[PDB]
J.: 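Structure of triclocarban bound to single domain camelid nanobody VHH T10 - open in front of me now.
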Amino acid sequence: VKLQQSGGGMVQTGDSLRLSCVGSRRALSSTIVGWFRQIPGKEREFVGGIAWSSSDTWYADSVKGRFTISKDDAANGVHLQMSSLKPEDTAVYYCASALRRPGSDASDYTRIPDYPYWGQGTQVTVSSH
Ligand SMILES: O=C(Nc1ccc(Cl)cc1)Nc1ccc(Cl)c(Cl)c1
Ligand code: NA
């Protein structure tokens, strides 16, 4: 599977952005789609994930309630809705995907090496007015 992400750019504090990530091959029942973000100077840090079969989601504390991942109703992809953005959210946002190992909870998929497949990144800079 290849992952394709939408554009980013500059946004202002308090604004929302809805990113898209689309897979080249149809989701499997075991597909997990994750979002990470590379804060400048830092590793790719986990944002949230979705389990395709159940639509179950899990998130990092730093984005809980503000960022929502959902499965597309009419495409083979997900959205990341990013609300109430602040300058500290400036990063490259990455879509990633995995196939869940039997016996491993989907919500355990929170680390970079848990995901073999990566999108190309969407750079977002949030600035004050
Ligand atoms: O992973 C997927 N689909 C998928 C769909 C949408 C998103 Cl956002 C992310 C992933 N299917 C798949 C199908 C076949 C193979 Cl070999 C593999 Cl390795 C993966
Ligand atoms: Na950090």
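Residues: numbered from 1 along the sequence shown. Both counts, for ligands and for their atoms, begin at 1 and track the order of listing. How was it done? The header gives X-ray crystallography, 1.5 Å. When reading the values below, keep in mind they use all heavy atoms of this one structure, side chains included, and skip hydrogens, waters and symmetry mates.
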J.: Enumerate the ligands or chains belonging to triclocarban, duplicates included.
T.: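 Every copy of it sits at ligand 1.
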J.: Around triclocarban, which residues have heavy atoms within 4.0 Å?
T.: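 The heavy-atom contacts are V1, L3, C21, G23, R25, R26, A27, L28, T31, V33, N76, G77, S97, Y117.
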J.: Can you report which non-hydrogen protein atom sits closest to atom 9 (C) of triclocarban, along with the distance?
T.: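 Closest protein heavy atom to atom 9 (C) of triclocarban: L3 CD2, 3.5 Å.
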J.: Under 4.0 Å and counting heavy atoms only, is there anything from the protein next to atom 15 (C) of triclocarban?
T.: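 Answer no: nothing from the protein, no heavy atom, is under 4.0 Å.
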J.: For triclocarban and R26, I'd like to know whether there is a polar contact (N/O to N/O, distance under 3.5 Å).
T.: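 Between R26 and triclocarban, an N or O pair is found under 3.5 Å apart.
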J.: Based purely on interatomic distance, does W52 place a nitrogen or oxygen under 3.5 Å from a nitrogen or oxygen of triclocarban?
T.: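 By distance alone, the answer is no.
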J.: Numbering the atoms of triclocarban from 1, which are under 4.0 Å from a heavy atom of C21?
T.: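 The atoms of triclocarban under 4.0 Å from a heavy atom of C21 are 8 (Cl).
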J.: Scan the protein's non-hydrogen atoms and note whether one is under 4.0 Å from atom 3 (N) of triclocarban.
T.: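 So far as the 4.0 Å threshold goes, atom 3 (N) of triclocarban is in reach of a protein heavy atom.
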J.: Atoms of triclocarban less than 4.0 Å from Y117 heavy atoms?
T.: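 It comes down to these atoms of triclocarban: 18 (Cl).
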J.: To the nearest 0.1 Å, how far is atom 10 (C) of triclocarban from its closest protein heavy atom, and which atom is that?
T.: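 Protein heavy atom at minimum distance: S97 OG, 3.6 Å.
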